[PDB]
Asker: 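Dumping the structure here so I can ask a few things about it.
Below, chain A is the first sequence line, B the second, and so on; all start at residue 1. Heavy-atom basis, side chains included; hydrogens, waters and symmetry copies ignored. Just follow the structure's listing: the first ligand is 1, and inside any ligand the first atom is 1.
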Amino acid sequence: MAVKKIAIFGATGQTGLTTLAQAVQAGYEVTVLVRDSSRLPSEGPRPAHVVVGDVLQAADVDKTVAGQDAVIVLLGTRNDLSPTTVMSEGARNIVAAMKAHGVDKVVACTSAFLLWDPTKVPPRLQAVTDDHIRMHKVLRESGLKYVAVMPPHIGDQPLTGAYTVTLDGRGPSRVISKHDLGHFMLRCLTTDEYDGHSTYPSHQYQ
Amino acid sequence: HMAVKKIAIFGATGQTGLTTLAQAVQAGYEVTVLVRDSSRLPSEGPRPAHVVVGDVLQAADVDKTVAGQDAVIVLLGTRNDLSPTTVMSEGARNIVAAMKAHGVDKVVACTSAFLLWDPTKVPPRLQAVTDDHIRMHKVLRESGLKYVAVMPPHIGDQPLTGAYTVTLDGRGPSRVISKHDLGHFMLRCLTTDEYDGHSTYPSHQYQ
Ligand SMILES: NC(=O)c1ccc[n+]([C@@H]2O[C@H](COP(=O)([O-])OP(=O)(O)OC[C@H]3O[C@@H](n4cnc5c(N)ncnc54)[C@H](OP(=O)(O)O)[C@@H]3O)[C@@H](O)[C@H]2O)c1
Ligand SMILES: NC(=O)c1ccc[n+]([C@@H]2O[C@H](COP(=O)([O-])OP(=O)(O)OC[C@H]3O[C@@H](n4cnc5c(N)ncnc54)[C@H](OP(=O)(O)O)[C@@H]3O)[C@@H](O)[C@H]2O)c1
Ligand SMILES: O=C(O)c1cc(/N=N/c2ccc(O)c(C(=O)O)c2)ccc1O
Ligand SMILES: O=C(O)c1cc(/N=N/c2ccc(O)c(C(=O)O)c2)ccc1O
């Protein structure tokens with residue numbers, strides 16, 4: 001296929017695990033970056049290549065980005081709402097590696113709160129949102145072919161492929177299943193129509 | 001007050017520096033910049049009147065930049081430092097000494113809104129630069145110079161509005177200021193004494 005080799009950052013995470021499973025089923029040759037302490041589960045889908053290391057190390061990000069057709073970014077801090085720069089600094093490393101290695105397409109997940117009135121963002125989520133804002137600025141200013149995926153609440157509902165994709169604004173539902181979010185990140189590999197846009201995927205599960 | 005025409009800008013090649021410099025040149029200021037590498041200044045459009053090539057850590061280079069000015073704008077930063085660093089505070093000591101030696105009495109300097117919030121708001125990677133912002137702020141406050149402390153939140157890329165809010169000695173209502181609005185505010189601080197001795201938090205809601 002046109003896009004065949006992809007790097008996934010955050011493959012062990014809630015959305016990353018289903019994105020990886022869908023990508024392997026769809027025939028992608030997937031490279032993952034995993035932290036040493038948190039490898040992919042034994043019984044699950046196996047990627048083609050594993051780099052062990054940290055997104056905060058340029059060397060490890062370089063190893064993961066080299067030779068790819070595109071990059072998916074599903075970094076996050078799991079339940080931890082503390083102040084952080086891991087997403088934005090990870091994105092700085094990813095941008096630098098993509099430029100050095102001639103990779104252009106990056107589909108990266110931040111949050112629908114980037115499209116909210118800031119007075120309404122829940123204060124408990126402001127520290128994480130501040131880093132999503134930093135991350136989105138890094139990716140927007142890079143000049144790369146960047147699809148800004150900005151989901152609302154990530155739920156455990158099924159894969160449908162039937163969700164709404166709202167461009168450059170908030171969508172009509174406040175949930176997307178983790179499986180649909182991963183499906184959309186992969187869909188963004190096969191089209192240029194979302195490049196340079198913010199995208200809000202959402203659905204009503206019924 | 002005293003009419004400011006000549007200014008030095010430190011950090012003029014940075015993201016806020018570049019637009020503060022452009023806006024200052026367009027408004028008519030006679031601008032002197034201290035730059036480590038003159039190729040980082042734009043070759044077209046508005047250009048400063050005077051370029052000193054050198055380093056804020058070298059007292060002589062700072063002295064040459066501050067000589068003859070009416071006021072000083074400080075937009076230094078060290079984005080890549082994540083462990084203890086003293087570049088900004090040592091630069092500020094050199095700036096203060098040069099201002100005292102040359103009779104320059106007005107300094108408008110950028111640190112960050114972390115200095116207005118609980119220290120646990122600081123991401124761990126940013127503790128070292130925040131600690132050095134605190135040292136720089138203390139150097140400027142203890143100098144006896146007329147000092148406006150500008151303590152912005154996230155610096156964004158939205159177009160200049162001139163319509164942002166400034167909150168005095170406290171935090172305002174948004175957590176972003178465009179680099180263009182931040183630069184506009186630094187220049188506004190040259191036209192008035194009202195912020196002298198205060199901390200200022202510029203912020204705005206864009207679109
Ligand atoms: N409702 C929601 O939960 C919601 C809504 C909107 C937006 N979001 C945002 O959507 C994104 C994805 O959320 P999610 O729930 O799928 O993610 P998650 O479960 O928090 O997974 C985060 C992933 O990032 C990896 N990671 C973290 N730090 C890393 C580091 N230093 N180096 C390498 N990898 C690192 C994690 O690896 P480890 O296995 O080593 O931890 C894991 O694979 C997040 O940014 C989140 O804030 C979430
Ligand atoms: N980014 C944010 O959202 C944010 C938020 C709050 C506060 N801040 C703080 O706001 C301030 C301005 O940030 P910014 O992003 O506009 O700055 P920046 O883009 O990082 O620019 C830093 C400037 O300082 C110069 N500089 C650094 N070391 C120097 C040295 N030894 N001698 C002479 N010049 C030196 C740099 O010169 P070169 O071009 O030669 O490197 C550049 O002109 C910083 O102190 C920052 O910590 C940033
Ligand atoms: O731990 C968490 O609770 C958490 C929640 C997050 N985001 N939640 C969102 C984001 C955007 C939204 O629009 C909505 C919504 O509409 O409810 C919810 C992100 C990281 C987290 O760790
Ligand atoms: O290296 C950098 O990029 C850097 C970034 C800084 N950011 N400071 C703040 C302060 C308050 C805020 O609210 C926010 C925000 O909301 O993003 C950011 C400070 C020093 C640095 O060296």
Asker: Which drug among olsalazine, abacavir, tetrahydrocannabivarin occupies the position at ligand 3?
Answerer: olsalazine
Asker: What does the PDB entry call the chain with the greatest number of heavy-atom pairs under 4.5 Å to olsalazine (ligand 3)?
Answerer: Flavin reductase (NADPH)
Asker: Which other chains sit close to olsalazine (ligand 3), with any heavy atom less than 4.0 Å away?
Answerer: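 Heavy atoms from other chains: A.
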Asker: Can you figure out which of A:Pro152, A:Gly155, A:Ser173 has its heavy atom closest to atom 12 (C) of olsalazine (ligand 3)?
Answerer: A:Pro152
Asker: Report the UniProt active-site residue in chain A closest to olsalazine (ligand 3), along with the least non-hydrogen distance to 1 Å.
Answerer: A:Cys109, 9 Å
Asker: Do me a favour and list the nearest non-hydrogen protein atom to atom 17 (O) of olsalazine (ligand 3) with residue, atom name and distance?
Answerer: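 For this ligand atom, the closest protein heavy atom is A:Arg174 NH2, 3.0 Å.
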Asker: Tell me, which protein residue and heavy-atom name are nearest atom 7 (N) of olsalazine (ligand 3), and how many Å apart are they?
Answerer: A:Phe113 CE1, 4.0 Å
Asker: Considering heavy atoms of the protein only, find what lies nearest to atom 14 (C) of olsalazine (ligand 3) and give residue, atom and distance to 0.1 Å.
Answerer: A:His153 N, 3.5 Å
Asker: Does olsalazine (ligand 3) have a heavy atom under 4.0 Å from the side chain of A:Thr77, from its backbone, from both, or from neither?
Answerer: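 Looking at A:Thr77 and olsalazine (ligand 3), no heavy atom falls under 4.0 Å.
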Asker: Between A:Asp80 and olsalazine (ligand 3), which residue portion shows a heavy-atom distance shorter than 4.0 Å: side chain, backbone, both, or neither?
Answerer: neither
Asker: Write out the NADP(+)-binding residues UniProt gives for chain A that lie under 4.0 Å from olsalazine (ligand 3) by heavy-atom distance.
Answerer: A:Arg78, A:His153
Asker: Which one of A:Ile176, A:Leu125, A:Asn79, A:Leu114 has a non-hydrogen atom at the shortest distance from atom 20 (C) of olsalazine (ligand 3)?
Answerer: A:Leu125
Asker: Specify the protein heavy atom at minimum distance from atom 3 (O) of olsalazine (ligand 3): its residue, its atom name, and the distance to 0.1 Å.
Answerer: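 Closest protein heavy atom to atom 3 (O) of olsalazine (ligand 3): A:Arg124 NH2, 4.4 Å.
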Asker: What residues line the site of olsalazine (ligand 3) at a non-hydrogen cut-off of 4.0 Å?
Answerer: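 Using heavy atoms under 4.0 Å, it comprises A:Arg78, A:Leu81, A:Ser111, A:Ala112, A:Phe113, A:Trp116, A:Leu125, A:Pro151, A:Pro152, A:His153, A:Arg174.
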